[PDB]
Amino acid sequence: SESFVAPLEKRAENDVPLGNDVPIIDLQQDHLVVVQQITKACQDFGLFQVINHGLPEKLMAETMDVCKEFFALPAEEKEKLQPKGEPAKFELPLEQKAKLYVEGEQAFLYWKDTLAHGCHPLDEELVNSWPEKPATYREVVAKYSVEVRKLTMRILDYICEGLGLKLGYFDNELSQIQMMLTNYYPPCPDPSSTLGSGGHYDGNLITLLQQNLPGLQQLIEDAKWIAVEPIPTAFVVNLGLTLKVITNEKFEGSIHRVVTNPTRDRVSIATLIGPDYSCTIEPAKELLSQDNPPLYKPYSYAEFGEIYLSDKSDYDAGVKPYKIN
Ligand SMILES: CN1[C@@H]2CC[C@H]1C[C@@H](OC(=O)[C@H](CO)c1ccccc1)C2
Ligand SMILES: O=C(O)CCC(=O)C(=O)O
Ligand SMILES: [Fe+2]
Ligand SMILES: [Sr+2]
Ligand SMILES: [Sr+2]
């Protein structure tokens, strides 16, 4: 279908090499070693994996199971999450009730269905707006949401120590939105022409990604793409464009994409943590000086969000209007 054909320059080459230099960070090393290894990965790559991360492996497996079970539901059930008979778009206002979403660039569509909902804070109103089926989705994903948030806040405090910010710097308005995106990539008859997910930064602060199958790729120097090895019991940590700005580019944001597969489907679980739409984003004043002048002026997260979700002329189109010095 023409609707899914990516522009020639954005098409993935067939043989992308494994990223052997993707850091795999054991969180059960000594505290300072973990801080140093995370700091180095954040400065150099903006993407790393965490293992022995304290989130139950059984819960990771049960969550991947119920997410796969959701995408196996019949059309009559999935229609209940399609407002006015079609998938929702990633556009503001981005509601926290569960919806199925379509995504692309303005023009082609990504070879992807995404279930998305808010996860924080957990109350009856929010969980009652989640999928009704499968029966155990709400029970399992409520537990998963809380555990992934706990691990994310641990990683943000490692990041604080690495940067020389006070512990809890991000335990406020900067992390108040937790969007869980369950991504379904069905088999594609022509992977040479399509993308599961176009190249992007995550616009938010930090993302934890759970995957068990290949398809995730990262952009490194000289327009080189590498493959991010799936470790089913690990989380991939992607630093967002918001953290790039707050660290005044001391940290890299992760530019990543997902390629399609001709033979098998793939489910990934992305937990996108970041600011409320009411937030003002700027480089952390604590880190600035005459030697480290701010590279961004303060901006509205809502204003950024509208650009980020619409303009894909460049990976950092969202923050281009706010660049200074
Ligand atoms: C693959 N796409 C990318 C990343 C996830 C998915 C959907 C969209 O990202 C979002 O909708 C997030 C939700 O927090 C967002 C929204 C406004 C500002 C900052 C971040 C773009
Ligand atoms: O499916 C994946 O591995 C990546 C998902 C993603 O990048 C996203 O949802 O933002
Ligand atoms: Fe992403
Ligand atoms: Sr429909
Ligand atoms: Sr309901």
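By the numbers in the PDB entry, the shown part of chain A spans 14-119, 124-342. Recorded method for this deposit: X-ray crystallography, 1.5 Å. Order of appearance sets the numbers: ligands from 1, and atoms from 1 within every ligand. Only heavy atoms go into these numbers, but all of them, side chains included; no hydrogens, no water, no symmetry mates.
- At ligand 1, the PDB records name the drug as hyoscyamine.
- Structurally, the greatest contact with hyoscyamine is made by what the PDB entry calls Hyoscyamine 6-beta-hydroxylase.
- Counting heavy atoms within 4.0 Å, the binding site of hyoscyamine comprises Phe103, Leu107, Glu116, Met196, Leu198, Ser214, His217, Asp219, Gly220, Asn221, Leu289, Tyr318, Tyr325, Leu326.
- At a 3.5 angstrom cut-off on N or O pairs, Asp219 does not count as close to hyoscyamine.
- Among the ligands and ions shown, the others lying under 4.0 Å from hyoscyamine are ligand 2 (2-oxoglutaric acid).
- Looking from atom 12 (C) of hyoscyamine to the surrounding protein, the closest heavy atom is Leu289 CD2, 3.9 Å.
- In the deposit, the organism given as the source of chain A is Atropa belladonna.
- Of all protein heavy atoms, the one lying nearest to atom 11 (O) of hyoscyamine is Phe103 CD2, 3.4 Å.
- Contact atoms of hyoscyamine toward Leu107: 11 (O), 13 (C) (distance under 4.0 Å to a heavy atom of the residue).
- Closest to atom 10 (C) of hyoscyamine, if we only count protein heavy atoms, is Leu326 CD2, 4.1 Å.
- Among all protein heavy atoms, the one lying closest to atom 15 (C) of hyoscyamine is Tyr325 CE2, 4.1 Å.
- For atom 2 (N) of hyoscyamine, the closest heavy atom belonging to the protein is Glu116 OE2, 2.8 Å.
- Of all protein heavy atoms, the one lying nearest to atom 19 (C) of hyoscyamine is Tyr318 OH, 3.2 Å.
- For hyoscyamine, the atoms sitting less than 4.0 Å from at least one non-hydrogen atom of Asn221 are 19 (C), 20 (C), numbered in the order shown with element in parentheses.
- The closest protein non-hydrogen atom to atom 14 (O) of hyoscyamine is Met196 CG, 3.7 Å.
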Between the protein and hyoscyamine, are there any N or O atom pairs that come within less than 3.5 Å of each other, and if so, what are their names and distances?
unit_1	atom_1	unit_2	atom_2	d
hyoscyamine	2 (N)	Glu116	OE1	3.2
hyoscyamine	2 (N)	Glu116	OE2	2.8

